[PDB]
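Featured here: a structure holding carfilzomib (bound form).
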Amino acid sequence: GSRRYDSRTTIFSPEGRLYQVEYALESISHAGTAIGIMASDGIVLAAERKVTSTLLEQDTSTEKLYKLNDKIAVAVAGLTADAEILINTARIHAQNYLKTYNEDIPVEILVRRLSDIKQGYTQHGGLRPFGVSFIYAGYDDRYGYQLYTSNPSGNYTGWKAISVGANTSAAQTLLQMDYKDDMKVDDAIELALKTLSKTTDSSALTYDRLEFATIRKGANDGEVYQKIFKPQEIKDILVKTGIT
Amino acid sequence: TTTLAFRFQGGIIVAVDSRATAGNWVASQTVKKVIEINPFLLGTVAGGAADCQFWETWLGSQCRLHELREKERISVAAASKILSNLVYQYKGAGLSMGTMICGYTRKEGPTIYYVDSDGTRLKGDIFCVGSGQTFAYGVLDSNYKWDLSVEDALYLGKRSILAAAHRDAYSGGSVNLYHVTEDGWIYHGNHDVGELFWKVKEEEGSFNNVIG
Amino acid sequence: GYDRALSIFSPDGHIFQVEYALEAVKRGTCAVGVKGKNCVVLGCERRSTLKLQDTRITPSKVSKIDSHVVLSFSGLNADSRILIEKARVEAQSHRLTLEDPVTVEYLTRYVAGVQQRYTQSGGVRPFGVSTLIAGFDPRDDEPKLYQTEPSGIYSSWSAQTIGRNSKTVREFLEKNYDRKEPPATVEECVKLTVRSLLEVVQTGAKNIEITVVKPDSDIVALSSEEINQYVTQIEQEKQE
Amino acid sequence: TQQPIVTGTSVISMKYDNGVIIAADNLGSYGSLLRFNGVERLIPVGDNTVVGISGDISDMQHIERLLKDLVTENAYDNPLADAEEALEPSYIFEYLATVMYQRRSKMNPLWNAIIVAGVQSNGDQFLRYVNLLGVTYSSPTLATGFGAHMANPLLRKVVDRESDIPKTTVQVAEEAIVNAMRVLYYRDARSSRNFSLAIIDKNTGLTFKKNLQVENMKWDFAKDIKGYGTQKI
Amino acid sequence: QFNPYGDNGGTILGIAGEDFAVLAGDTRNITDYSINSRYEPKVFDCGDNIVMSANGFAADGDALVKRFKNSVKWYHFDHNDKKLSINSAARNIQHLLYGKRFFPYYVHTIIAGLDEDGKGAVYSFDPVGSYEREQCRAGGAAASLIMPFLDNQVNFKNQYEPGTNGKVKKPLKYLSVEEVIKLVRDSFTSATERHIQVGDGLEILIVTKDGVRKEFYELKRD
Amino acid sequence: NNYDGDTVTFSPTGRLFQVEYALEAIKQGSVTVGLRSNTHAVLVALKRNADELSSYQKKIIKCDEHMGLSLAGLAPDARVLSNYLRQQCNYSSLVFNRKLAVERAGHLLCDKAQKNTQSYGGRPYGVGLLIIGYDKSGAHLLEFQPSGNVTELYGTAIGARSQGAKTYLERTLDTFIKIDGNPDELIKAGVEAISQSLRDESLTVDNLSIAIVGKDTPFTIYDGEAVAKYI
Amino acid sequence: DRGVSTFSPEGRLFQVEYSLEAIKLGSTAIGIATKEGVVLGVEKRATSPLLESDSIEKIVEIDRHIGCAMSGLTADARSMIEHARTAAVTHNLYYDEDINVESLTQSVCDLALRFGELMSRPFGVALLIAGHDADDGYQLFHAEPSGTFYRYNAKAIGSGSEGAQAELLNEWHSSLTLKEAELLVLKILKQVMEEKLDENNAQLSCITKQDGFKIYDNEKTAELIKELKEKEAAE
Amino acid sequence: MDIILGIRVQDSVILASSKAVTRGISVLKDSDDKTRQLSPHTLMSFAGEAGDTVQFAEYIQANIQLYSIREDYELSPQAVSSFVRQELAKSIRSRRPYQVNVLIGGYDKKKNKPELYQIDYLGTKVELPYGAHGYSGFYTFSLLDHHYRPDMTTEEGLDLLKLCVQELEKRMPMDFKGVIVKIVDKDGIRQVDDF
Ligand SMILES: *[C@@](C)(CO)[C@](*)(O)[C@H](CC(C)C)NC(=O)[C@H](Cc1ccccc1)NC(=O)[C@H](CC(C)C)NC(=O)[C@H](CCc1ccccc1)NC(=O)CN1CCOCC1
Ligand SMILES: [Mg+2]
């Protein structure tokens, strides 16, 4: 019958590893680098677009940074199509929580549920896993500013500063070097860009090959604002830090 | 039916009648309305005969499976809740059941739970259930004290059923007595109202309304 | 639905998928359980290749199943969440029907049953997780410590360890733990647990987690400084 | 839940010494309207059974198809289909009785009263009744509808109990049936003069008589009856 | 609107002796004011020395008996030809009846036979499965006529010892098969006189350790 | 070789190897013999044990008062098929008030076994059956094979060394067929037939298993001291 | 790969035959049937000295009149026991009586072959089902994952089964007392066990008509072990 | 099931619930506690159809307790009341709806404020300074309109509550066998034993 053609996506290796999860992570390691940095007064999300073409429409484009709700955003690394499936699920889950409790969803709860969905694809169903790693950046009134990451295994962890995608080894060493706990958002913005600038496979880091976002309490009195940076705004912040 | 069970110093007394009716037709005078679930658990039955019988016989099977699985006798609370959760699933379907789950365990002590077919579940010291419950309440409440002896408590339970058996047209036949202690339930005999009434009348001097 | 029998017997009488799930447990970070005279202590390793972590929000290794029972584990982290969730639901379901919280043996038996079901169900792979379940039964002061594993077998332990380099720490516990006289106090039990992890861990900084469970739903997690005091005390006594 | 539309009236039957007789008129009534006049309500199954059906005609036609299909199904992989493993009256009846009760139990009955008349392989007379409720019974005489009230009394004067069956000939038995049909024509407002009659004998086999008519009727005395009490003209 | 139930009349009667048991029932089958059959048996030998009758709505009665007979057959297949005891049969019948609790078999069921000590046994059931072992039970249309007579003659109710000032009751004792059949025949002739749905014939099934014997008696046909 | 992975695959020569491997399970099974006259039909079965401490595996199963079979191969598969026969015999009784014909019984088993040989996932039955019965057309003996092939016979045998008993019956055909109105002599002929399939072992009291059905004889099984007569 | 319900060229189900190999790796379990009762005994086999041996539950109650001992992948037995207990209690509900030991075993063995492509693989555990009923008296059954069950006068399953079975062949006779059977299980267990037999690493149980199924205490078994050693030294 | 009241004061929420359980012409019990603790600082009283009330209360209690364990965090009274409302809002369009009316009294630890929510069986939620279900409201609302002040203490609230119970005992047709009073504040939930 059909048994002949089954790849058996949800099995263990002799060493106790999940083949498909490992190979999905290998796929993600070639994707554009994404960095998340958490400061005391906000969070930074920076991501490098995959080898841009000059005729690509840059201003009306969304590849890396997506909005889940007013308080939570994600940076993507891997298959974009896969990420969008998961993003719409995450957006719906957030609205279900708001509908049920009349309160915005706590960041971890959203992260856990999305990570549980990924876990399911590794244990049952016989389908391939989602070739996607997220960096979750969000805020709630319990833990404040939070950074998380999830990967195809469905395992998630919390971070002060983290990178996903390509050159994470080199990127994580640089973040570990210059990061400190009493850091501000404007400093974190500078760290994020400097890290990408050194770890990039491109010749020089430019505005058209970047997506950028911040989550500050920079709005008026005790409320959070999400800022998805425009092309011109990235151009300005890149000059202001002295990269171009 | 008339059934009661009350808690006291020396454990629990349980007393029931034995009549079964189909309208005004007296169908039986020898029905067993105390179901022996295990050596430490009793169940009273009032209402639809088949409903009570079938489901309390089923309850005993569920309690047996509990002690096989858990290597421990089921609590009175857990036993009563199995039955109350069962009948609650059938709520609206027309089940007619008025039952009392009486028993002893180490953690609980002597315990009585009233359970009925519309899903009510109540822990308590005294309960009377059935068409003649009010008649039983009248005698039981007016003579009840916590410090009753085992001998006096057994009699009061017997006398309360007799009172209801007399006045309630849909109660009678005979009185079945039980006594529940820390060591388990003890049967205290079947007492035909045919002989018991005249015996009680003469010795007690009560029932002066009746032509002696 | 996906029906494939993934967990099956081999000529030599082994279920390789269950045995490969044990390898995943062997890869996982070390976890240890030691029960004293009036308490149980759950120690857990945290690998130190991960700096820039946020320890406030990162999922803790020890999870409360109910107010009186806790569950730690070794193996796949994502898999453990599914078992913990199921166990937590069953804990509330038990309180609802039996009007009494679960015993530690019952909760273990349930979790172990779930693990077993995934070893002979079509379309699914076994859980790459072994758990240490510890706590105190309702209205009881006798400490309980159980272990489960992917195959579904479970058993009670005076003291036990699972995960990577667990055979080293099990060797330590086997000579240092006395059946006739277990750790009489909380301090003695925690110290023995920390000592056992210090055979394997590396550094006693933010690598060791300790959680103490006591009777009547008295569970508390130790902080860095509190754990560090045990590490400082043990090393000074060692130099002799 | 149904209501019958086009209906058939009485089916009458009885046992005699060597076999059974069954009869039913050829009418398909539509309420008070005597709508259809060429309706055959006796349906032979093989050469040893006749099923007489009253009640709803649409449901009767459904039952015809089932019996027709039953003969076909029995012939499949059956070399003895026209011999030892042929359909018996008892097999045909039990099948119908199973269906009738299953349908009433699903609250969607076949709105009929059925009499299965036949002769078994060992020569024994078979005569049994079944209706929309799945109720079954057997008797030396059986009748449906008005037949139960008027025919049975007349047929029971001939065969009142089991011991009267060997004493009753086919000539006497048929005469009683034909007489009963006349009485029903006098008194049943949903009956017709034309009818069919079937005889299943253990010796001579199945004799199916069509296009019979009620005859030798008494109507002459009507001319003397005037008014409703007083009136002399 | 379609009414799935009907009343086929008739009445049945079970009496238990020391080493025997009888289950009697009239052979008349009716609907409304018409007689369907003067001889339609409704007391059946079901095997394992168990006799059964399900009086009331005949279609449901036949269905039940048919199903219990089948239950006995499969009990042999599944449990190494073990004999189904009368107490086990009774419990099995409870589950058959209660299985249709929300669309009941409209019948009063009685079974008779011998218990595992060899003593006579009669069990009776309501339509939805409540059952009880008794020395004595009448069921069906004329149950209300026959039952109080049985209380008086079988269980000696309201009968005291002469000259004892109503203080000593008439002592209970088992009846002989000859005395029981007298009570059955007198019960049915009395019921035939005063109940229109009872008559035509009486069929008695007697159950001893030797097997199941039958006896038939004529009843008034009006 | 490459065409025996499942039942849904034909070999290049047009063979179904999984069905043939199921047939092989019957040859490993203990011998059982079937034979009939015009009045009676008899099953004789050599039961097998694990060791001296164990019981002897029961080979004969009753399906109805007038029908039953003996098994050879996987016993659980015989239990499934016999249970199916019990239901089909029972369906025929309840619905049509009719004893199921032994020929139809075979047709039903054939069709049930066949469905398992044409579909993916399932497997063929790993057992052979000898069905005897007495119906409206007299005594019958059937041989069921899990390929689906059912065959009506005067006599036969299946299992290990069944060729010996089958040759004997082929010689004795004219004799035993006319054993009418004599149960004990028909059994004797069956016991002598199964004896041609014995090697080193002989027929003992708790080893032999006999069953019989006929004109005025319901299907009954004889084991233990009841078969001591025929040794 | 290959189908789960595939036949080998020899005419056996691959998966059933492989599950039998798993049972040979399991700890030893012995059962002996007498006219005074049936005795069941098992090797606990703790993997480490820190493991509390009293939590090793390889002997199990199904009903008051039926007990069960296991060997092999013991986790697989849980659903088999659950089914057995339900089957036993359910039959008591339907028929107001105890269920036959054979009928109970047959019900358990019906699960065995309900696997394929129902559960994904056969059970990797063999069961010794011991009990008593009014008809056939004291009985001992060996239930395999093949769906087959044999009745036994005595039977050993597990790693030391073939050595123990040969010993049971010589020692068993139809007039064994219960006390003699108890000692015989302990004797044979001590012979095939790796570690030295004591009350902590071995467990005894029995089923009698009077007292029903009972698992022996470690105090009671310890005395039977001491009684066994003295009797062997006495000649 | 009949009388359930609620009064939110300065620093606490006070719930009073009748003790009587009647069926037919018999008071079966006179010490019934018509409330469940959903979380350490949230209490739900209930009244309505027999069986439904407790079944619903415990089902909610289980769900909230499950949430607390999962997140190691206590839901706010507002969040709990929204969850309860949605469950009743689903229920009303079910095959067989829960016929249960509830009051949810809680103390929000983040806001340091007491909160009282009134939810009927239809899923109709309202936050109130004082609330009641059933015929009780027809007496107590007008009484509280007059005597209630927003800045009252817990002791003043209990006196205000005594005034309601007295009025109900005077004018209500049925004997409800007094009330069990419970207080919800910053220190959790406690029962007034002498009322
Ligand atoms: C006191 C005596 C009255 O409340 C007790 O409560 C006892 C309890 C004992 C028996 C456990 N209750 C009864 O006796 C109970 C009263 C009753 C009747 C019907 C519905 C609810 C309560 N009686 C019964 O259950 C009788 C018992 C028989 C006579 C042994 N059973 C019936 O009345 C049956 C079944 C009723 C039924 C319930 C649910 C669905 C369908 C039917 N009905 C009949 O037998 C019908 N009837 C009898 C008279 O002959 C014509 C047919
Ligand atoms: Mg009265």
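Residue numbers start from 1 in every chain, and the chains themselves are labelled A, B, ... in the order their sequence lines are given, proteins ahead of strands. As the structure lists them, so they are numbered: ligands from 1, and atoms in each ligand from 1. The displayed model is a subset of the deposited entry, and contacts were enumerated within the subset.
- Carfilzomib (bound form), all copies counted: located at ligand 1.
- Among all chains, the one with more heavy-atom contacts to carfilzomib (bound form, ligand 1) than any other is, according to the PDB entry, Proteasome subunit beta type-5.
- At a heavy-atom cut-off of 4.0 Å, the other chains in contact with carfilzomib (bound form, ligand 1) are listed as B, E.
- As deposited, the covalent attachment of carfilzomib (bound form, ligand 1) is at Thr1(B) OG1.
- There are UniProt bortezomib-binding residues of chain B with a non-hydrogen atom under 4.0 Å from carfilzomib (bound form, ligand 1), namely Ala49(B).
- Chain E - PDB entry name: Proteasome subunit beta type-6.
- As for other ligands and ions, none lie under 4.0 Å from carfilzomib (bound form, ligand 1).
- The nearest of the UniProt-listed active-site residues in chain B relative to carfilzomib (bound form, ligand 1), at the least heavy-atom distance to 1 Å, is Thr1(B), 1 Å.
- With the cut-off at 4.0 Å and only heavy atoms counted, the binding site of carfilzomib (bound form, ligand 1) comes to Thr1(B), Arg19(B), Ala20(B), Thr21(B), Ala22(B), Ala27(B), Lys33(B), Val45(B), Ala46(B), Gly47(B), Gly48(B), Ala49(B), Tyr170(B), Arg101(E), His108(E), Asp126(E), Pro127(E), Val128(E), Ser130(E).
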